[PDB]
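Below is one structure, written out as structure tokens, with a few remarks after it.
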Amino acid sequence: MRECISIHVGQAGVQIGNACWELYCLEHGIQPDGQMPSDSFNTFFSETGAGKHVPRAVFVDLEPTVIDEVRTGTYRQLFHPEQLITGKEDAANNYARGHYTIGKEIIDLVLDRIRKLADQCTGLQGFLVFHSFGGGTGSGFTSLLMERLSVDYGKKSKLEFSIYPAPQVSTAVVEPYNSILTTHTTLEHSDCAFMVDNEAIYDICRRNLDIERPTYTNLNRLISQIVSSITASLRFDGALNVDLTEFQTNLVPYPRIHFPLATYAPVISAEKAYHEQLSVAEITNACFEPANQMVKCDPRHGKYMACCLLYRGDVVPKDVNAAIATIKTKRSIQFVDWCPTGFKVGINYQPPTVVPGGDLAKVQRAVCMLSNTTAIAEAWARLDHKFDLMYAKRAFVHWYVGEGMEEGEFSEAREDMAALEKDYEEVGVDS
Amino acid sequence: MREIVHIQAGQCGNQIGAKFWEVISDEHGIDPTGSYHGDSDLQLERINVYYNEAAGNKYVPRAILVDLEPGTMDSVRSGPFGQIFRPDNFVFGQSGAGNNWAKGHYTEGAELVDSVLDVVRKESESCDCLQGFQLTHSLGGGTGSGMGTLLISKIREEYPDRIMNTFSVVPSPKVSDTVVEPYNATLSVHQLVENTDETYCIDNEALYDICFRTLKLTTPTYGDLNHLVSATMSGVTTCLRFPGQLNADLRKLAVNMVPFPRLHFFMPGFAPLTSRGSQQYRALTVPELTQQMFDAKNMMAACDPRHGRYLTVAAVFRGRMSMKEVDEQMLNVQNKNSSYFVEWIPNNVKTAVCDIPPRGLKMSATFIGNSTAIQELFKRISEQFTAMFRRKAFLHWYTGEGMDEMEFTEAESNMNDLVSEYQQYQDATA
Amino acid sequence: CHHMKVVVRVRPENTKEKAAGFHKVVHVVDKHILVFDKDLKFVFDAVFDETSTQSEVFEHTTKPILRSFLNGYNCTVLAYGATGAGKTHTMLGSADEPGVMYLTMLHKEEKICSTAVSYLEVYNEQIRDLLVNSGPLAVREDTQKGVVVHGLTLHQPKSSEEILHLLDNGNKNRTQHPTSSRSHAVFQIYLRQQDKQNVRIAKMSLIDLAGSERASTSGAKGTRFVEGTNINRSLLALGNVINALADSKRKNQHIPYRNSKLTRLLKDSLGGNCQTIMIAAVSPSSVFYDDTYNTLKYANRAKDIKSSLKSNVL
Ligand SMILES: CC(=O)O[C@H]1C(=O)[C@@]2(C)[C@H]([C@H](OC(=O)c3ccccc3)[C@]3(O)C[C@H](OC(=O)[C@H](O)[C@@H](NC(=O)c4ccccc4)c4ccccc4)C(C)=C1C3(C)C)[C@]1(OC(C)=O)CO[C@@H]1C[C@@H]2O
Ligand SMILES: Nc1nc2c(ncn2[C@@H]2O[C@H](COP(=O)(O)OP(=O)(O)OP(=O)(O)O)[C@@H](O)[C@H]2O)c(=O)[nH]1
Ligand SMILES: Nc1nc2c(ncn2[C@@H]2O[C@H](COP(=O)(O)OP(=O)(O)O)[C@@H](O)[C@H]2O)c(=O)[nH]1
Ligand SMILES: Nc1ncnc2c1ncn2[C@@H]1O[C@H](COP(=O)(O)OP(=O)(O)O)[C@@H](O)[C@H]1O
Ligand SMILES: [Mg+2]
Ligand SMILES: [Mg+2]
């Protein structure tokens with residue numbers, strides 16, 4: 001049938017993929033060692049020998065710490081040993097190191113493994129790439145990998161699940177350089193790019209789930225829920241199904257505007273579950289609240305261009321239609337002039353599953369939203385201002401220049417980002 | 001994988017190295033004899049960064065013992081954890097510098113450098129993927145300063161793409177332990193500015209102040225100061241040995257903390273530090289570690305960060321914590337003290353979290369700050385040098401070993417340029 | 001007195017690339033206006049093209065500098081261009097003989113003129129003497145004087161062909177493509193004017209810079225890469241110094257000279273104390289495309305306003 005290949009690069013990507021694959025094994029009844037104790041799950045797993053299921057994933061990193069954690073942990077016998085690829089020295093928060101110097105000794109190995117994985121496939125339709133903007137190996141090796149894949153495959157869709165930098169929260173000083181450079185290089189090689197902000201996930205965990213110490217595990221579990229909601233149409237049957245091609249043909253109006261925002265509803269704790277009669281209209285409404293958005297930006301500052309709603313569980317189509325009509329008649333949320341019909345709705349059957357030890361309740365229905373809006377222009381402006389501030393005095397530039405990057409690449413990336421900003425501003429003018 | 005070679009030169013370097021190796025061996029559960037008696041697999045998972053596997057379940061530290069006099073390493077060998085070192089790595093002369101930079105750089109060090117480099121090469125080729133070197137020394141002595149700078153230059157020539165770390169005890173601002181420390185300090189900073197990737201500056205007076213005010217130690221000895229320096233070293237290199245939720249190696253810290261090549265002189269710190277009686281009266285939480293880290297009295301260098309502005313800051317947390325708490329603490333520190341951080345760099349603070357805490361404590365942290373307030377140390381040393389140099393006092397001891405006054409003038413001008421750069425980078429001009 | 005002249009030498013189209021389906025991204029109008037492609041407007045003093053021969057650039061490169069390089073500290077001619085543009089060709093093929101072997105005969109009635117010359121290269125952030133085989137040399141600074149290369153060799157030719165012999169031996173000892181990533185070659189001329197007065201300090205500096213390489217996109221690893229990126233960092237430091245020497249009205253401040261050995265040698269020659277002129281080479285083909293219009297071209301606008309001084313007739 002139709003299958004998907006998942007690629008996780010860097011520490012953030014590897015940890016997010018670990019959470020996602022624990023969730024996937026839990027959903028289908030697969031034990032941590034791969035065996036099924038009891039067949040629509042082959043879009044992500046493969047039958048090997050006598051009843052063992054191997055995920056169609058490739059784990060890539062330039063340092064051995066986190067991949068070794070995976071190789072020693074409880075899922076050590078789930079993954080193929082050759083699919084967890086490891087280097088020796090990380091990019092050390094340097095785009096040039098990952099793209100030019102350190103990535104070039106394992107890029108061929110990763111491409112060979114990807115080809116070996118996809119050859120076994122018979123209906124391959126897309127890749128899922130997990131990474132972070134602010135990292136060295138993340139940004140650099142992701143740009144190199146997507147360039148190589150676009151050269152090699154071309155027609156297959158290439159989605160992204162990236163960690164956008166936060167407006168205030170940061171864990172590095174050279175984040176704007178890597179973000180701008182990776183955006184400039186990747187802009188012409190990715191079909192779509194769904195993004196979330198760590199600061200917004202912290203806010204959701206603190207406010208909705210009432211957690212005061214949300215470590216990275218809770219964030220990765222929320223992101224796993226989003227990805228599971230996206231791929232449930234592939235793995236399970238439903239009333240309305242959505243493929244990987246429909247996302248790109250519906251959410252992307254122009255080739256340079258492919259940065260949707262991913263939200264989820266309902267994110268609630270088991271204390272308020274017993275007192276709330278969550279229903280289709282309520283979760284649909286909650287998907288539009290600015291406080292519930294998973295990227296630290298206000299949708300009220302821009303105009304919506306295209307929204308995808310993914311329902312799963314005990315959901316009736318008529319209630320979805322009524323809720324969508326109610327959203328449309330609301331005057332507080334705006335749509336662009338040239339998109340009279342801007343909704344894509346998919347209705348599934350399998351309710352979301354609960355991971356034991358998690359911080360979410362058991363709900364009979366849920367919604368995942370992906371929306372394309374011009375409110376990200378402010379985030380682009382903030383990133384460009386940080387780049388301009390740090391670059392006028394040429395701070396940290398020698399680190400990148402000594403690793404094989406010319407000084408002209410910074411100017412090229414900045415001009416490309418300015419052009420993208422102008423495109424975003426021009427697409428939002430009513431006529 | 002990523003492995004480190006350790007070099008210590010002179011009396012102070014040797015003593016700090018001995019204390020540091022006892023600390024690290026107790027952290028990884030290795031007896032004085034060199035055998036392993038730990039209770040966790042994570043101790044032996046990354047033992048190769050500091051140790052070599054010998055025959056019969058034995059571990060030999062990758063350390064080089066350099067000195068121009070034999071008594072210090074005689075005491076080191078005869079002491080505890082003295083049988084843990086490989087005897088061939090004890091490289092000593094017989095004459096000694098006599099608190100003379102020229103003697104340690106041009107007369108005796110020029111003779112010992114071949115043997116020390118042979119040992120260093122033998123240790124470095126056996127490495128699988130050399131990450132960098134690490135030198136422990138001072139700036140007020142002859143053998144320490146002179147031979148350390150000579151070795152640093154030779155290693156930079158041999159291995160230019162690696163990482164060079166230095167833990168140098170800069171001269172104290174109030175009381176001087178040697179009459180000729182300004183000359184040696186200037187002539188060694190002249191070489192550290194060029195041949196070192198990152199330098200951690202530590203003052204003995206700040207260590208006394210910490211040991212008397214925070215730890216409430218009635219009679220602190222040099223063992224306590226070496227203990228503090230060892231704790232800082234282990235906290236700096238902790239991410240290479242244990243897994244974490246967000247990890248950063250030496251090169252990542254160098255990239256994130258050094259905006260320009262000539263500005264790589266940091267001031268370290270540690271938290272928590274408390275007295276025995278006050279430990280019952282405090283709670284160990286991320287806000288408390290953050291508050292203690294950004295304390296003037298907690299700095300390990302005799303410089304006040306409130307007189308200048310931070311360029312970059314690195315904090316390496318250890319233990320089990322939540323990244324949200326750490327991140328909001330960093331944001332709060334940045335926003336409260338907006339006048340103490342440079343404008344043309346947003347997000348001045350770098351962060352890393354390690355899962356495995358220090359033995360004992362459940363929480364700990366390490367502070368590395370690249371501040372423009374360190375210019376005061378260089379300015380004071382330059383003032384003392386130029387006061388003692390017009391009269392040419394004690395100069396013949398240095399010019400009788402071939403050194404000429406052009407070298408002194410070059411070193412003084414280079415130090416003045418470094419001071420001018422650090423002062424000038426307090427201006428936003430925007 | 002202050003205008004750091006910038007001249008652009010548009011190289012002729014390469015023979016192998018001319019017919020291989022490329023257009024021209026550089027259009028020449030005359031010796032005062034140039035146009036890019038988009039459709040950017042550029043003015044860089046004098047402009048040369050393929051029509052001008054090797055000796056035809058003399059009219060606006062060195063001749064109205066070396067009229068008599070005594071009244072001022074004079075020539076500090078640099079040569080940008082990056083790989084393949086032709087800076088090394090333009091400098092070391094012909095347009096250094098107009099300096100000497102073609103401008104050694106200048107009159108004697110008012111003065112007795114003798115010269116002292118020296119040659120050095122900057123390879124891997126080290127200084128070597130190109131005329132005599134000697135190891136790395138040490139640069140020493142002082143308040144009174146400037147930088148002095150401890151161990152450099154001085155020569156005093158008393159004729160004209162002696163300079164051609166010295167120049168010819170100064171290029172076979174250069175690290176010549178182990179053209180590719182190389183060393184920055186510096187030629188220093190000292191002019192002596194003993195009167196038959198003590199107005200004798202003038203020094204003429206000719207520099208042939210190396211090119212900035214992109215390594216992985218176009219280059220190699222190991223050697224040619226460790227010896228590389230030192231060119232890149234030295235060029236970054238030179239660009240920082242140039243930008244800091246012409247910033248608005250603040251100027252002054254602290255200019256980061258000590259970030260490379262190349263900029264230290266130019267401490268007394270890049271600041272404002274002399275009449276200096278720059279030369280840059282650009283390829284009009286579209287295969288390079290981006291590297292032909294960057295700090296190769298954008299930056300030279302910022303170095304057209306390097307205000308200097310020439311009242312010191314010493
Ligand atoms: C009642 C009790 O258990 O006290 C503890 C202790 O943790 C306290 C009191 C310790 C104690 O430290 C001191 O009293 C001290 C005295 C002089 C100089 C430096 C320290 C302690 O020595 C510290 C020591 O901690 C360790 O062992 C750490 O792992 C430490 N290693 C060593 O101290 C060490 C010494 C010799 C040989 C091998 C290891 C370490 C610190 C940083 C990085 C790596 C390792 C322990 C448990 C204690 C005492 C004994 C009182 C403190 O120190 C540290 C470094 O944590 C004092 O401030 C903290 C507060 C702690 O609560
Ligand atoms: N949501 C989420 N974000 C993460 C996680 N791990 C790391 N990050 C993000 O990643 C950023 C740090 O850079 P990394 O992605 O770790 O860079 P890297 O992949 O390790 O590559 P290097 O720079 O070479 O170390 C932080 O700002 C975090 O926001 C994670 O588990 N979940
Ligand atoms: N004899 C000798 N004395 C030194 C040397 N290096 C430093 N000193 C002096 O020793 C003083 C402190 O060194 P030390 O006490 O050993 O350092 P600490 O114990 O780690 O704090 C400094 O002020 C120096 O003047 C050296 O190599 N040899
Ligand atoms: N005016 C010109 N006419 C023909 N060829 C030229 C001209 N200028 C430069 N070239 C060619 O361009 C190449 C540039 O090489 P060179 O100048 O030696 O080093 P670099 O490429 O580092 O500047 C030379 O091989 C030369 O043949
Ligand atoms: Mg990493
Ligand atoms: Mg050339």
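We name chains A, B, ... by the order of the sequence lines, and we start the count at 1 in each one. Scope of the values below: all heavy atoms of this structure, side chains included, with no hydrogens, waters or symmetry mates. Whatever order the structure lists them in is the order used to number ligands and atoms, beginning at 1.
Measured by close contacts, the chief partner of ligand 1 is listed under the PDB entry as Tubulin beta chain. The molecule at ligand 1, chosen from quinupristin, golvatinib, vinorelbine, Taxol, eritoran, is Taxol. Other chains within heavy-atom reach of Taxol, distance under 4.0 Å: B. According to the deposit, the organism of chain B is Sus scrofa.
Between Taxol and the UniProt GTP-binding residues of chain B, heavy-atom distances under 4.0 Å are seen for none.
The set of residues with a heavy atom less than 4.0 Å from Taxol is B:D26, B:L215, B:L217, B:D224, B:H227, B:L228, B:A231, B:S234, B:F270, B:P272, B:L273, B:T274, B:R276, B:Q279, B:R359, B:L361.
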